[PDB]
Visitor: 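Right, I'll just put the structure down here and ask away after.
Chain labels are A, B, C, ... in exactly the order the sequence lines appear. Following the PDB entry, chain A residues are numbered 82-469, in order. Chain B residue numbers are taken from the PDB entry; in order, the displayed residues are 82-469. We number chain C the way the PDB entry does; in order, the residues shown are 82-469. Sequence positions for chain D are given in the PDB entry numbering; the residues included correspond to 82-469, in order. Computed from heavy atoms alone, side chains included, the values below leave out hydrogens, waters and symmetry copies. Both ligands and their constituent atoms are indexed starting at 1 by order of listing.
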Protein chains: 4
Amino acid sequence: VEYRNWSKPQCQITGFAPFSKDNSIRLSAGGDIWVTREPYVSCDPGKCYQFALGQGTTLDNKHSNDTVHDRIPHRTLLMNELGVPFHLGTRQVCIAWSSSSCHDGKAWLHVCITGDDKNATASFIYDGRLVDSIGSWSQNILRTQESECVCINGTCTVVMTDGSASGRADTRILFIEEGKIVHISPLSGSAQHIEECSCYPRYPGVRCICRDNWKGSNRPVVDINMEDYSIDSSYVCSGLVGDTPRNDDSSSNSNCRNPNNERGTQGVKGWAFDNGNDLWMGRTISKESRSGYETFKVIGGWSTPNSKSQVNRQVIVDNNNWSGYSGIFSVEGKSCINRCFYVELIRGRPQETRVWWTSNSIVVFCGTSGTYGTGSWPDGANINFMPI
Amino acid sequence: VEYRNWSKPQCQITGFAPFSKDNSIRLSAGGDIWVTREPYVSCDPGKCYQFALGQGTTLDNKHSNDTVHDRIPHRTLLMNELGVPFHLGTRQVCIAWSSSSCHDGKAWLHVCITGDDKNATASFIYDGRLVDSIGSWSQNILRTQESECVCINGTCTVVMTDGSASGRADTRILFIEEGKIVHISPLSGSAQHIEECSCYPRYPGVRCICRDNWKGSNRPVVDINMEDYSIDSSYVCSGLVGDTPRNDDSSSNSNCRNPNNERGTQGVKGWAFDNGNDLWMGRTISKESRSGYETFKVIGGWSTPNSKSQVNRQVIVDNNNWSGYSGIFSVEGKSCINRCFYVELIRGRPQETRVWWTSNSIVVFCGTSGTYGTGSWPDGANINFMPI
Amino acid sequence: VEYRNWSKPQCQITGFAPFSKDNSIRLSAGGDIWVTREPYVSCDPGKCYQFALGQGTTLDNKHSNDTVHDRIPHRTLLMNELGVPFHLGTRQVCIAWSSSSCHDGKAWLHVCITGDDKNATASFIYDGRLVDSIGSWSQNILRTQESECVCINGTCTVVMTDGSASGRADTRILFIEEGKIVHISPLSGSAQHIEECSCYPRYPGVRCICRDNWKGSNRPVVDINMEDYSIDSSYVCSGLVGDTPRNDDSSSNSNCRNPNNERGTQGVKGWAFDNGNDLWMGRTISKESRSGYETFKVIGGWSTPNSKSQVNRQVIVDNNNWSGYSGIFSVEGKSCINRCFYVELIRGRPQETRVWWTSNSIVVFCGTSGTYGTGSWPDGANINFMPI
Amino acid sequence: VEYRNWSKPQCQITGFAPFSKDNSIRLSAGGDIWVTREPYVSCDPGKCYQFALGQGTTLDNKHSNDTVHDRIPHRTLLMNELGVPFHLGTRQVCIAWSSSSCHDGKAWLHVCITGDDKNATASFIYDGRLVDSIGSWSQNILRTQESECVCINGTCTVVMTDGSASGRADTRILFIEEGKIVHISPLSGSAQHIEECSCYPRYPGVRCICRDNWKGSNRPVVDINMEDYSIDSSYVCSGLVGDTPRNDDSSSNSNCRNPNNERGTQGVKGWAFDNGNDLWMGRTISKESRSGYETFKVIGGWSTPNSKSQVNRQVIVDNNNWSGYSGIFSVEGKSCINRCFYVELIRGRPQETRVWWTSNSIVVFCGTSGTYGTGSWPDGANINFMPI
Ligand SMILES: *[C@@H]1O[C@H](CO)[C@@H](O[C@@H]2O[C@H](CO)[C@@H](O[C@@H]3O[C@H](CO)[C@@H](O)[C@H](O[C@H]4O[C@H](CO)[C@@H](O)[C@H](O)[C@@H]4O)[C@@H]3O)[C@H](O)[C@H]2NC(C)=O)[C@H](O)[C@H]1NC(C)=O
Ligand SMILES: *[C@@H]1O[C@H](CO)[C@@H](O[C@@H]2O[C@H](CO)[C@@H](O[C@@H]3O[C@H](CO)[C@@H](O)[C@H](O[C@H]4O[C@H](CO)[C@@H](O)[C@H](O)[C@@H]4O)[C@@H]3O)[C@H](O)[C@H]2NC(C)=O)[C@H](O)[C@H]1NC(C)=O
Ligand SMILES: *[C@@H]1O[C@H](CO)[C@@H](O[C@@H]2O[C@H](CO)[C@@H](O[C@@H]3O[C@H](CO)[C@@H](O)[C@H](O[C@H]4O[C@H](CO)[C@@H](O)[C@H](O)[C@@H]4O)[C@@H]3O)[C@H](O)[C@H]2NC(C)=O)[C@H](O)[C@H]1NC(C)=O
Ligand SMILES: *[C@@H]1O[C@H](CO)[C@@H](O[C@@H]2O[C@H](CO)[C@@H](O[C@@H]3O[C@H](CO)[C@@H](O)[C@H](O[C@H]4O[C@H](CO)[C@@H](O)[C@H](O)[C@@H]4O)[C@@H]3O)[C@H](O)[C@H]2NC(C)=O)[C@H](O)[C@H]1NC(C)=O
Ligand SMILES: *[C@@H]1O[C@H](CO)[C@@H](O[C@@H]2O[C@H](CO)[C@@H](O)[C@H](O)[C@H]2NC(C)=O)[C@H](O)[C@H]1NC(C)=O
Ligand SMILES: *[C@@H]1O[C@H](CO)[C@@H](O[C@@H]2O[C@H](CO)[C@@H](O)[C@H](O)[C@H]2NC(C)=O)[C@H](O)[C@H]1NC(C)=O
Ligand SMILES: *[C@@H]1O[C@H](CO)[C@@H](O[C@@H]2O[C@H](CO)[C@@H](O)[C@H](O)[C@H]2NC(C)=O)[C@H](O)[C@H]1NC(C)=O
Ligand SMILES: CO[C@@H]([C@@H]1OC(C(=O)O)=C[C@H](NC(=N)N)[C@H]1NC(C)=O)[C@H](O)CO
Ligand SMILES: CO[C@@H]([C@@H]1OC(C(=O)O)=C[C@H](NC(=N)N)[C@H]1NC(C)=O)[C@H](O)CO
Ligand SMILES: CO[C@@H]([C@@H]1OC(C(=O)O)=C[C@H](NC(=N)N)[C@H]1NC(C)=O)[C@H](O)CO
Ligand SMILES: CO[C@@H]([C@@H]1OC(C(=O)O)=C[C@H](NC(=N)N)[C@H]1NC(C)=O)[C@H](O)CO
Ligand SMILES: *[C@@H]1O[C@H](CO)[C@@H](O)[C@H](O)[C@H]1NC(C)=O
Ligand SMILES: [Ca+2]
Ligand SMILES: [Ca+2]
Ligand SMILES: [Ca+2]
Ligand SMILES: [Ca+2]
């Protein structure tokens, strides 16, 4: 087996087609299913896997109470084949309240963070064994992507942040070979706050669209040079911005370089990718809450500041339904690299108070060069039918 | 591994022998089992798999209420080794309220349809990745076989329909290579309505026996030429007709060419196959409801219009028990290709109203050249023992 | 992979050592576990599997009521790796209320009998496909070994009986190559009634120790010549007889040739094997009921009529606990063939009437050339703790 | 596949990083999970597995009552991939109330002890078959490591004891090749009582840190020469002793040679390993009970009698939480052999009497040459939420 290089052109897509749905919450009402959040998808050269951070409990279980909280020692990284719900036979791959995983063509890398808020540990597990670890450098919630890392020619890269959630933080980009950290680069460029990067291979480098939790409702961009380890960063050009919260479309802005200072505080993990001058992106339908999910192409959204002409919109989850995090993953085809995305469908607290837990299901779409119709694929559970 | 060509003669059979039974509904009364309908079977070169469309819920689960409905966003294609019940570790292969699957000798193809009735999307997944998609062409419930597609020399074919369920519709035959649609041929010939084809390899081509939901209780036949993509169609000759509803045997007719206009509206998915001038077929025992199931050979049933001489009858499910959809699948043996079939055993609504759900189990038989006895192999659940 | 020839000498054993226990009934009180009976064990060249006839239901399930009955259409052959309890993910390999399975070194053969008492069907499934079938020849409960068949050089043999349970019956020995019946030999010799043979390879032939349900509490022997298909039969010489019911040790007899007419009617499946002039055998401890289980070597038990000197006794299940069927299986070692056995531990009806079901667990022992101690390994469930 | 030689240098470590956690008890409150104790971890050349002794029952099950007891016939060795909780699909590998397992590079060896206290049997299972067995030599609870054995060049060694738990006993070191005992060496050296050895490869030999249940709160050391089968033994030099119970640090002693006679009776399974003159070790935080868990390096802890200079302490489980047994396992990396350890987290009786059962979960850490922070990773179940 050979290392992945991702050295094919990006598939020319017309939009996205339905790929997977796990129905986790509906099933939790009649079966033993893990409580999770922060899911993502990543594929080895043959097949795709779904990941999520468990809460060390199933849903119909008194331990599900108060699982809205982000970090406990019992959170572990769950990994199943895509479409297999997180049942009790699910393997816990490592201890983690923040994680990233990727396959370099030969084996899986998992980056797993756990421990005290002020002094966390990131473990690097490769081909089923612990190879390296690093401790918190800013003593303030060391944290990473919550989606797939990217490997080119045996070197994988992952973005990690330590420091304030609402101010200048310390972001670093790690380069990892067979689980061993070989280089660490500081963030450089004009992005002012970076969290939860959704990264994809863009040979010969890697590109990430992230979350600015401080001053921007426009999404930061991080560009990683795999050859000399140099880093650059900026903001997505599109005037149709990707974060939540954000201003409405008529009053949102981005200049490609700075956070827009428009309802910039807080945010949600999301994604986007460039195609020439244009941009494919997803976002919540609601500008204030994690409700609904839509994708579209912005004409000039990559190259033209404040561009707002969109086309090829698709509703993924209608605005009467809860969404959550979303992220990108890439899949190598015969002659091109396709882009896919997942969206987290969060149920329970804080939005739905009949129950005491917080969990999620997922829905997954992949780029297509063919044609498609319309629909909406929400979580689908009836909150009144759930164990509280 | 090589592409399948199915280039062996058809096995000479004397009837069918018991092969598999999953007992899904009996088990659902004491375990967490998926609610499903529209099951089918298909084998890779090594082993057989059972498929079905989940309802995004288990049976003992409040979400099982009102699962009689055909199309919701939460339906997904389930896939297990044949004989493994749909428990919570079952993989959901794609999002689908209509589907077909087949293995070309190298990898699995799944065709999965979901979304809005008037604007559905068909996804084509090959070797674990989304390769193509197509949108609705008549804006009226794009739909496909609900049984295995057939591949010869790396080209797979699947029959799809869009348009009226009770009038002229738009049926097309897709040719697919490694997940990519390479050609689409319109239906041609004298079949006037085509749904839910049960197809089998008949080298060098493919033959399908389908459901006419409009004017015929005789089953349409679709012949597919894999070399030039040409299509022909007609109706099964046998005067013992295969649809439900239908006239009783003394007053049923087929002329091989036209729908018989005998209780033609509505129908059920079924199968038949030719052996020279003769026909092997199955059908429900009841002529008006999906109750019981029988198989038999009709002498001259392939070649002689209105032939009604049967022999080698076998009861599969006695008429005091519910059946449902049925379909064919083919299995390559050492020197010949065998024909097998499955029967969907529907329990719950609308026929049994003590419970609020609709689900099924399955029973499976394979052609034999040996001898056999008699029996009946129904679902076997006691409706009074079930969670409602 | 090559066909098995079993052409190594038999292991010299000093007794048996603990190998496996599944604890099915204890687990059934807190988990979804199949109701089964008539288990057995068989190994491919790499690993062992446990088999049993399911009753189409789990134990904590209203359908478990009245599972004391032997034959219903919902019984299927279950197959797991040895030591994996029959949970809901268990594969049902075929439809069967009587079965036998074996691996020829290349693939599995399953012989599965189901259908009407007076007209049953045996299906032969090889390498995952139905290859042959045969119908009842005496119209009276066609039935087979309920333990492993034996294959030498690609030809597998299995013993089947059709006819009276309490009088002359029609026993036949089938020879099967890759699932295809190639020859059928009538029983010959002096055994007067043959059921439920426990067979083992004894190169160049196969030897079976069976159950006489008519006139003998001494066990019949069937010898199968794999080269010319000839059959011989007689009775185990040992004066310590293996069936239940039977006379006490002081008044039991066997002459090697005829049924002993000592509490001969009824019986239980059991096993024995020869070592030179001596005999290793197991049996219930109770002479009248399926209670307890013991193994020992009878000096001259193979060659000397009415021999009663035993040595190397081991209690497997003490007499205060229920047992049931037992059978032999053989395992190829580096330089010899080992013999192992399982015993079925029956719980519920008819002996324990607090509950309405009948099920079993298993315990498994293997021949050893080493040393060992003592113990008792019964089912271990508390009938008062069970769902009724 | 080749035999393991473990012929690489030991990894230089700075401490330990989080590796795995199974959350067994939390999950048991909402799912069917095995009752277990005496867990351990061992890896084949590709991946790691978790083992434990089941109690033949799930936790939410009336049979979980009184599972504090050490030895019943229903205990079996469970084996899952590391991180997969012991659900109902878990394989029971053999019958055992004491065990050890290891992989020699080609196949798994399991050593399984069961039966009567005064006459137990040890079974040796290699590559899925029973190869050897040995009976009790002192008629007083034959028992072994409860952690991984170690194989070099096709010879596996395991430490077994028979005799008094509180006085002179009979300890022997077995040498095993493909499951067959080829040599047995008596314990030699100055260790006066040996139980539950935690062994690791230290090419060309094997080293074990054990439990003295009689006179020492310092841990015995056993050195095994794999070339001539010679044995040596002594006690860990460190004045910071590893057993529980023990004296406080100010008044604890070890002279490297004799048991210290400081709260020597009783004990708990634990581990340590050498790095030059220094010692890495773990122990409960409490000196009297199985509460808390800490690791640290003792400068001169291997070579300097009574050394008490520690550095690089890490809390693994804070002292407000229950621990239990702990043990070492070794993982071969690209250029070195790493050392890892697991901690058993015991819940229920005798410490927590709200419930009537005794079970455990596990947490697992691996050596790292990188950096790390702080935390505590206890079982995490709320005893008040548990089925009693
Ligand atoms: C059947 O399905 C197809 C495919 O999904 C669908 O065609 C699509 O329709 C949408 C909506 O009209 C198109 O996307 C739009 O493109 C225009 C530019 O041409 C944009 O202006 C639109 O954005 C505005 O309107 C949106 C609401 O529709 C707002 O949310 C947004 O803020 C803007 O105000 C939007 O991007 C899309 O291009 C086509 N896709 C293709 C491939 O043609 C079709 O309509 C469906 N038919 C029915 C009747 O369901
Ligand atoms: C033991 O099992 C065997 C094998 O299943 C069984 O033999 C079969 O019997 C049936 C019924 O007699 C045969 O099928 C019939 O064939 C005749 C032509 O020879 C047809 O006329 C029959 O059709 C008419 O009758 C049917 C009801 O039986 C009606 O439903 C139908 O509409 C027609 O009116 C029917 O097809 C079959 O050929 C044999 N099979 C073989 C291989 O011989 C046997 O009877 C069983 N024995 C017992 C006592 O159970
Ligand atoms: C520790 O375990 C060992 C191994 O299990 C055990 O040694 C065995 O003891 C039994 C019982 O004494 C021996 O089997 C006996 O052999 C004699 C002939 O030498 C027979 O006469 C015995 O049969 C008679 O007695 C039986 C009851 O014991 C009756 O059931 C039977 O009907 C006969 O009347 C019996 O076969 C066996 O040979 C040894 N095994 C070996 C290898 O030595 C030992 O006793 C155990 N120690 C203790 C004290 O538990
Ligand atoms: C963030 O995490 C890091 C890494 O875990 C942590 O650094 C570690 O701190 C501990 C505690 O200070 C160090 O271990 C100590 O080393 C000294 C020798 O230098 C020993 O004397 C200590 O033992 C004494 O004190 C213990 C209590 O701390 C007693 O239990 C013991 O009996 C002795 O009296 C102890 O071994 C360790 O070396 C460092 N690790 C590294 C690699 O630097 C750091 O403190 C954390 N920061 C915060 C604010 O949480
Ligand atoms: C399944 O859902 C149905 C429909 O919601 C439930 O029956 C309804 O109950 C409401 C309120 O009690 C009535 O007003 C409706 O008339 C009922 N609908 C029908 C068509 O009868 C039913 O209770 C649910 N079943 C279960 C087991 O919860
Ligand atoms: C198992 O089934 C039997 C038979 O139905 C049940 O026993 C019967 O219960 C019915 C219904 O109340 C009574 O009318 C009969 O008198 C009973 N028959 C006998 C033979 O006593 C039994 O209750 C069922 N067991 C369980 C646990 O449901
Ligand atoms: C677990 O088993 C114990 C022992 O049988 C049960 O406690 C006993 O209950 C009996 C009957 O009331 C008393 O007479 C004994 O004194 C109790 N034993 C002890 C040690 O207290 C207990 O009820 C069982 N637990 C559960 C949850 O069923
Ligand atoms: C603390 O909040 C951060 C993360 O935010 C959220 C959320 O749903 O918004 C979920 C995460 N949950 C987990 N990954 N477990 C957080 N991240 C962490 C490390 O808590 C945020 O990005 C600010 O730094
Ligand atoms: C709408 O009815 C169609 C299908 O019919 C039925 C039925 O049990 O008859 C089940 C399917 N259920 C699913 N495949 N989910 C339907 N087909 C669809 C696509 O709904 C029919 O063939 C007429 O067009
Ligand atoms: C009818 O009884 C026969 C079989 O006996 C028994 C038993 O526990 O004794 C279990 C079987 N149960 C199943 N195998 N299912 C039977 N065999 C059959 C075919 O019923 C007996 O050997 C006489 O013929
Ligand atoms: C009897 O106690 C021994 C073992 O003790 C412990 C314990 O938690 O301390 C658990 C074991 N439980 C199991 N291994 N099942 C015991 N060992 C046995 C064989 O009982 C001890 O080391 C003294 O000899
Ligand atoms: C869940 O925990 C909360 C907070 O501690 C408490 O207020 C509430 O009563 C609990 N709810 C349930 C369902 O037990
Ligand atoms: Ca923001
Ligand atoms: Ca019709
Ligand atoms: Ca008898
Ligand atoms: Ca001690």
Visitor: Please tell me which drug sits at ligand 10.
Guide: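 Answer: laninamivir.
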Visitor: Which protein or nucleic acid chain has the most heavy atoms near laninamivir (ligand 10), under its name in the PDB entry?
Guide: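 Largest number of contacts: Neuraminidase.
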Visitor: Show which other chains sit less than 4.0 Å from laninamivir (ligand 10), counting heavy atoms only.
Guide: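 Chains with a heavy atom under 4.0 Å: C.
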Visitor: What's the shortest distance from atom 24 (O) of laninamivir (ligand 10) to any protein heavy atom, and which residue and atom give it?
Guide: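 Of the protein heavy atoms, C:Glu276 OE2, 2.6 Å lies nearest.
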Visitor: Applying a strict 4.0 Å limit to heavy atoms, is C:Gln347 in contact with laninamivir (ligand 10)?
Guide: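 No, C:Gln347 has no heavy atom closer than 4.0 Å to laninamivir (ligand 10).
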Visitor: What residue and heavy atom of the protein are closest to atom 18 (C) of laninamivir (ligand 10), and at what distance?
Guide: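 I find the closest protein heavy atom is C:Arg152 NH1, 3.8 Å.
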Visitor: If you measure from each heavy atom of C:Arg156 to laninamivir (ligand 10), is any distance below 4.0 Å?
Guide: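 Checking laninamivir (ligand 10) against C:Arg156, which is what was asked, there is a heavy-atom contact under 4.0 Å.
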Visitor: To the nearest 0.1 Å, how far is atom 12 (N) of laninamivir (ligand 10) from its closest protein heavy atom, and which atom is that?
Guide: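 Protein heavy atom at minimum distance: C:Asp151 OD1, 2.9 Å.
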Visitor: Measuring from non-hydrogen atoms of C:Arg371 to any atom of laninamivir (ligand 10), is the shortest distance under 4.0 Å?
Guide: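 True for this residue.
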Visitor: Which residues lie close to laninamivir (ligand 10), i.e. with a heavy atom under 4.0 Å?
Guide: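 Within 4.0 Å (heavy atoms), the residues are C:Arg118, C:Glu119, C:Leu134, C:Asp151, C:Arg152, C:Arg156, C:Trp178, C:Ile222, C:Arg224, C:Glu227, C:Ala246, C:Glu276, C:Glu277, C:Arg292, C:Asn294, C:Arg371, C:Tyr406.
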